[PDB]
Amino acid sequence: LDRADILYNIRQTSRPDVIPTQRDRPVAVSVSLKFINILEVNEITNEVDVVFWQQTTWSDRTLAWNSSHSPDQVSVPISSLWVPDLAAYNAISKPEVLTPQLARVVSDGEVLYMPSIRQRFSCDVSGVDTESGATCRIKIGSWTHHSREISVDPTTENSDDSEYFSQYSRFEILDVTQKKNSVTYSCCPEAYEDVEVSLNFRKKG
Amino acid sequence: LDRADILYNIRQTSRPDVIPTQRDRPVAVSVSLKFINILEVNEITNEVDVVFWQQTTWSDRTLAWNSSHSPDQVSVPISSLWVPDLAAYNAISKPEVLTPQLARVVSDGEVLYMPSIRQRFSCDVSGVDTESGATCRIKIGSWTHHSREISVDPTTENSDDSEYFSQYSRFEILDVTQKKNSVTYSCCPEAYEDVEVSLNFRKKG
Amino acid sequence: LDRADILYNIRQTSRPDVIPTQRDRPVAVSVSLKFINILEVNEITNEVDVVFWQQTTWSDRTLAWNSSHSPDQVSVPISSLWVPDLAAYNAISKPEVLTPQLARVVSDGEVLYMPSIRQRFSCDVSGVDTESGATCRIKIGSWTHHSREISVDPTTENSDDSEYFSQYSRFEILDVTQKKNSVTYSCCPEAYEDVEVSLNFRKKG
Amino acid sequence: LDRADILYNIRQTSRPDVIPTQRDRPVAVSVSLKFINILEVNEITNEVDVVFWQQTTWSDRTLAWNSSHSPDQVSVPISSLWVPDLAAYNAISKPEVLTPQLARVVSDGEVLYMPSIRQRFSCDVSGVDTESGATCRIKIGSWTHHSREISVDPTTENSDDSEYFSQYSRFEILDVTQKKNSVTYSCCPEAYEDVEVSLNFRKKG
Amino acid sequence: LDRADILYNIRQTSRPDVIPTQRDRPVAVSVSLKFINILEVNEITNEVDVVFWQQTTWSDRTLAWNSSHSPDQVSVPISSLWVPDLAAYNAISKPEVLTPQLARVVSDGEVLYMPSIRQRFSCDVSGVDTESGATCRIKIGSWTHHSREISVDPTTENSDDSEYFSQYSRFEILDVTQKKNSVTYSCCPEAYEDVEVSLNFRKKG
Ligand SMILES: C[N+](C)(C)CCOC(N)=O
Ligand SMILES: C[N+](C)(C)CCOC(N)=O
C-alpha cells in the first residue's frame with residue numbers, strides 16, 4: 001500500500017471526535033515534556049513563560065494498516081485524528097503551538113504527536129536566584145475524560161534533561177522529574193488523571 | 001450503542017442553532033465560577049484580569065440515548081451542540097478559552113461544559129490592599145435569550161472557594177458569593193436573567 | 001411551526017450575501033451606540049479605547065414566518081443572515097466583538113443585532129481633564145452600500161446616556177448625541193450615509 | 001436579473017484561484033493609497049504605524065452580467081472573487097484589515113476593493129520633526145505574479161493628499177506621490193512590478 | 001490547456017496530505033533565508049525579532065502538466081499543495097506570514113514557495129554592539145519527516161544577503177552563511193536534516 005492510499009483511508013474513516021477506547025480499557029496516553037527554553041520569569045507574580053516539546057503518545061487501532069509492502073509510518077494532520085484533550089491546569093495563556101500540526105502514525109496504530117509549545121504558567125518561582133533554584137510544577141491531564149477513559153503516564157527520563165534546552169537562555173535546568181496523580185474534583189464524581197512535571201531551574205551565574 | 005454510534009448520532013442530528021426549549025419552559029442553565037487565578041489588578045483603572053472555570057450546566061433532551069448497554073457519558077465538541085449564549089456584561093476583553101472545547105454529555109441529555117477562561121473585567125477594585133479586600137462583581141447572562149427562554153441558576157457548591165485557586169497568586173480569596181438577578185433593559189421589552197458573582201479578594205500581606 | 005423549523009428554514013434559504021432590498025428602496029438600518037466603558041484615553045495621540053453596544057436594527061422580509069401558533073422571535077447566528085456592512089470610519093483597530101454573534105429575529109422580519117464591541121478610535125480628546133470635557137466623535141456607516149441601498153438613522157434619545165455605563169470607569173459621560181449625515185466623497189459618485197455619535201466625556205473628580 | 005441572482009451566479013462560477021487573464025495580456029491592477037492616519041512613529045528604529053485605504057481596482061470579465069433591467073453594481077465577499085496577491089514589500093506586520101471584506105463589482109466586470117488597513121512599515125523616518133518632514137516610501141506589488149500576468153499601476157490623482165486624513169493625528173501630510181517600478185531581481189529573471197508610494201509627512205508644530 | 005484548467009486539475013487531484021515521494025527516495029527540499037529586516041534585539045535575553053523571505057523549493061511530479069500550448073507556470077494557494085512541514089527549531093514565536101499564501105508551480109512540477117515571515121528566535125546576540133557583531137544561528141528542518149523522506153539543503157551560494165535588506169534598519173548584515181546538518185536526537189531513532197543559517201549582524205555605528 002502506498003503513502004497516498006494510507007492517508008486517504010485515514011482521512012476517509014478516521015473519527016477525530018471518537019476516543020479510540022478498546023473494549024473496557026482506558027486509552028493509555030503517555031506525556032513527557034522536554035524543555036527547550038525559559039523565556040521570562042517573575043518571582044513577584046509567580047509567573048513563568050516557557051517553551052517545551054509536549055511528547056504525547058497513544059494507541060488508535062482504527063488507523064492501523066498492513067505494512068507488508070508498505071511504509072512503516074506516515075505523517076498525518078491532527079485534524080484527521082482523535083487527539084487526547086490534554087490541558088495544563090495551571091496555565092494562564094493558551095498553548096501557542098510553534099510547529100506544524102502533524103502527528104506521526106505507525107502501521108500498528110501508535111500515534112506520536114510532539115508539538116513545540118510556548119505557554120505561560122502560574123507556579124512556584126521563589127528561589128529562582130538561588131543555588132537550589134526554583135521548582136515550577138506543571139500539571140497536565142485530560143480536561144473531560146476521567147480515568148476509566150484516559151490514563152496519563154510519564155515515560156522514563158534517562159536522557160539528559162537539558163538535551164534540547166537552549167544554551168543561550170538566561171536560565172539553566174538543574175532537574176526535571178515527572179509523577180502522576182488521580183484527583184477527584186467537586187464538579188464530577190470520577191477520578192481524573194494527571195502528569196505533574198517538576199521543573200527545578202535557576203538564573204545562571 | 002457504542003461511543004462512536006452515539007457521537008455520530010449527535011453530530012448528524014444535533015441542532016446547535018436551536019435552543020432545546022421544552023414546551024413554554026425556559027432552558028434552565030446553571031452557572032458557577034470557580035476562580036483559579038487573579039493575574040493582574042489595577043486599583044486606579046478598576047480593571048481586573050482573572051482566570052476561572054465557568055461551570056455551565058443544562059439539559060438538551062435531543063442528545064439523549066438509551067444507556068442500557070452503552071456508555072453513560074461522552075465528550076462532544078461544543079460546535080456539535082447548542083450552547084447557551086452566555087456573556088459577561090462587564091467584560092472588557094473577549095473570553096480567552098484556555099482548554100479544549102469539549103462538553104460532557106450524559107445519556108439523559110444533561111450537558112456539562114466547563115472551560116477555563118482568562119478574561120479582563122471592569123469592576124470595583126477599591127480596597128484591594130486592605131484587610132476587608134476588594135469586592136469585584138462579575139455579571140453573567142444570556143446575551144439574546146430573555147427569561148422565558150433561558151433562566152440562570154446561580155447555585156454554588158459550598159466547598160472552599162479556593163479549592164482550586166492558585167496558592168502562588170499574589171492575591172487570596174476571602175469570599176465568593178453568587179446571586180441571581182432579573183433585569184428589564186431599555187433596548188427590549190422582556191427581562192433578562194443573570195448570575196452575579198461577587199469575588200471578595202485581596203493582596204497577600 | 002416550532003423554533004427548530006423556523007431556524008432550519010432561515011438557515012436553508014437565508015442569503016447572507018444578499019441585501020434585502022424591498023422594491024427599489026434602501027434598506028433602512030438604524031444604529032445607536034450605548035457606551036459601557038471608556039478604558040484608555042490619550043490626549044497627546046488623540047486616541048480613545050472604548051466599549052459600547054452597537055444596537056443595529058433593520059428589516060429582512062425573507063426571514064419572516066407566520067407566527068399564528070409559533071414563537072414570536074428566535075435567536076440566529078449572524079453567519080446565517082445578511083448583516084449591514086457597517087464600519088466605524090475613524091476606527092484604528094478592528095472591532096473586538098465581546099459577545100456571542102447571534103441576532104434576534106422577529107416573525108415579521110425585524111432583526112436586532114447588538115454586539116458589545118471594544119474598539120479604539122482617532123478623535124478629539126482635547127479637554128478630557130476639563131469640566132467641559134472632551135467631545136469624541138465616532139462616525140459609522142456602510143462601507144460599500146451607498147444611500148440608495150442603505151440608509152442609516154439613529155434610534156431613540158430616550159435611554160439615558162450613562163444608563164449602562166460603568167460606574168467604575170475613570171471617566172464619566174456628560175452627553176451623547178447622535179445625528180445622520182449624508183456625504184458625497186470624491187472617490188465615489190454616490191452619497192454615503194452615516195451616523196455621527198458625539199461622546200462628550202471627562203475624567204472624574 | 002435581480003441582486004440575488006447576480007450574487008448566486010458569481011458565487012457558483014467565480015474561480016478565486018484563477019487570475020482573470022484575457023489573451024496573453026496582464027491583468028491591469030491599479031493601486032492607490034489614501035492615508036487616514038499616522039499613529040506611531042519611531043525615528044530611531046525607522047518604523048511607522050499607519051492606517052490607509054488601499055484602493056485596488058481591476059477587471060474580471062467572468063463576473064459580468066447583462067445590466068438591461070438589472071442593478072449596475074453589487075457588493076460581493078472577496079472570498080467569492082479572485083483578488084490580486086498584493087503585498088507591501090517593506091511591511092513588518094501583517095495587514096490588519098479594519099473594514100468588512102466586501103468588494104464592489106460593476107456589471108461590466110470592474111471590481112473596486114477598498115479595505116482600510118492598519119499596518120507597520122520599515123521606512124525613512126529621518127527628519128520627521130523638521131519642516132521638510134520625513135519621506136516614508138511604501139512599495140506594493142504582486143507577490144507571485146510577474147509583469148506578464150499582473151501589471152500594477154498608480155491611479156488618477158486629482159484627489160487631495162489629506163482629503164481623508166485625520167485632523168486629530170499628531171502628524172500632518174505635506175505630500176503623497178505615487179510612481180511605478182519594474183524590477184528584475186537576482187533570483188528570478190522575470191520582471192516584477194510595483195507602485196511606490198512616497199509619504200512626505202511631519203510632526204505638527 | 002489554459003490557466004483555469006491547470007488550476008482545476010491541481011485542486012481536484014492534489015493530495016496536500018501526501019509527501020510527493022518518488023521511489024523510496026527523499027523529497028529534496030531546498031531552503032534559503034533572505035533577510036529583509038532585524039526589528040528588535042535583546043542582548044540580555046538573547047532574543048531576536050526578524051523578517052525574512054523563506055525561499056523554499058521542491059518537486060512534486062503529480063502537479064505536472066504538458067506545457068506545449070499552455071502556460072509554463074501558475075500561482076496556486078498552498079492549501080491546494082503539499083508543503084514541507086518545515087519548522088525553525090529555535091523559534092520562540094509562531095511564524096507570522098506577511099504575504100499572500102501562494103506558491104508558484106512550474107509545468108514540470110517544481111514548486112517555489114517564498115513567504116515573508118516575521119518571527120522571534122532564541123540565539124546568540126552577544127557582541128551585537130561590536131565590530132565583529134553578533135552571530136545568530138537559525139536552524140530549519142522538517143518537524144516530522146526524517147532524512148529518508150525529506151532532505152534539506154541550502155540553495156547554491158552565488159546569490160546575495162544584503163540585496164534585500166532594509167537600509168533603514170538600526171542593524172546591518174556582515175555575513176550570512178548556510179550549512180546543512182544531519183542530526184539524530186535521543187528522542188527518535190531516525191536522523192533529521194536541517195539547514196543552519198548563520199546571521200552575522202551588528203548595530204550601525
Ligand atoms: C475538573 N476537570 C477540569 C478535571 C474536569 C471537568 O469536567 C468536564 N469538563 O467535563
Ligand atoms: C440587553 N441585553 C444585552 C441583555 C439583551 C440584548 O438583546 C439582543 N441581543 O437581542
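A note on names: the letters A, B, ... follow the listed sequences, proteins ahead of strands, and every chain is numbered from 1. We use all heavy atoms of the structure for the numbers below, so side chains are in, but hydrogens, waters and symmetry mates are not. If you check the header, you will see the structure was determined by X-ray crystallography, 2.5 Å. For ligands, and for the atoms within them, numbers begin at 1 and follow the listed sequence.
The drug located at ligand 1 is named carbachol. For carbachol (ligand 1), the chief contact partner in this model is given in UniProt as Acetylcholine-binding protein. Other chains having non-hydrogen atoms less than 4.0 Å from carbachol (ligand 1): A, B.
Binding site of carbachol (ligand 1) at 4.0 Å, heavy atoms: A/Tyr89, A/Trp143, A/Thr144, A/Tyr185, A/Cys187, A/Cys188, A/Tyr192, B/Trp53, B/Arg104, B/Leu112, B/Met114. The nearest protein atom to atom 5 (C) of carbachol (ligand 1), hydrogens excluded, is given as A/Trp143 O, 3.2 Å; this is a heavy-atom distance. Atoms of carbachol (ligand 1) lying under 4.0 Å from any heavy atom of A/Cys188, numbered from 1 in the order shown and given with element: 7 (O). In this deposit, the organism assigned to chain A is Lymnaea stagnalis.
By UniProt annotation, the domain of chain A supplying most contacts to carbachol (ligand 1) is Ig-like. Shortest contact from atom 8 (C) of carbachol (ligand 1) to any protein heavy atom: B/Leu112 CD2, 3.4 Å. The A/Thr144 neighbourhood of carbachol (ligand 1) comprises atoms 9 (N), with distances under 4.0 Å to a heavy atom of that residue.
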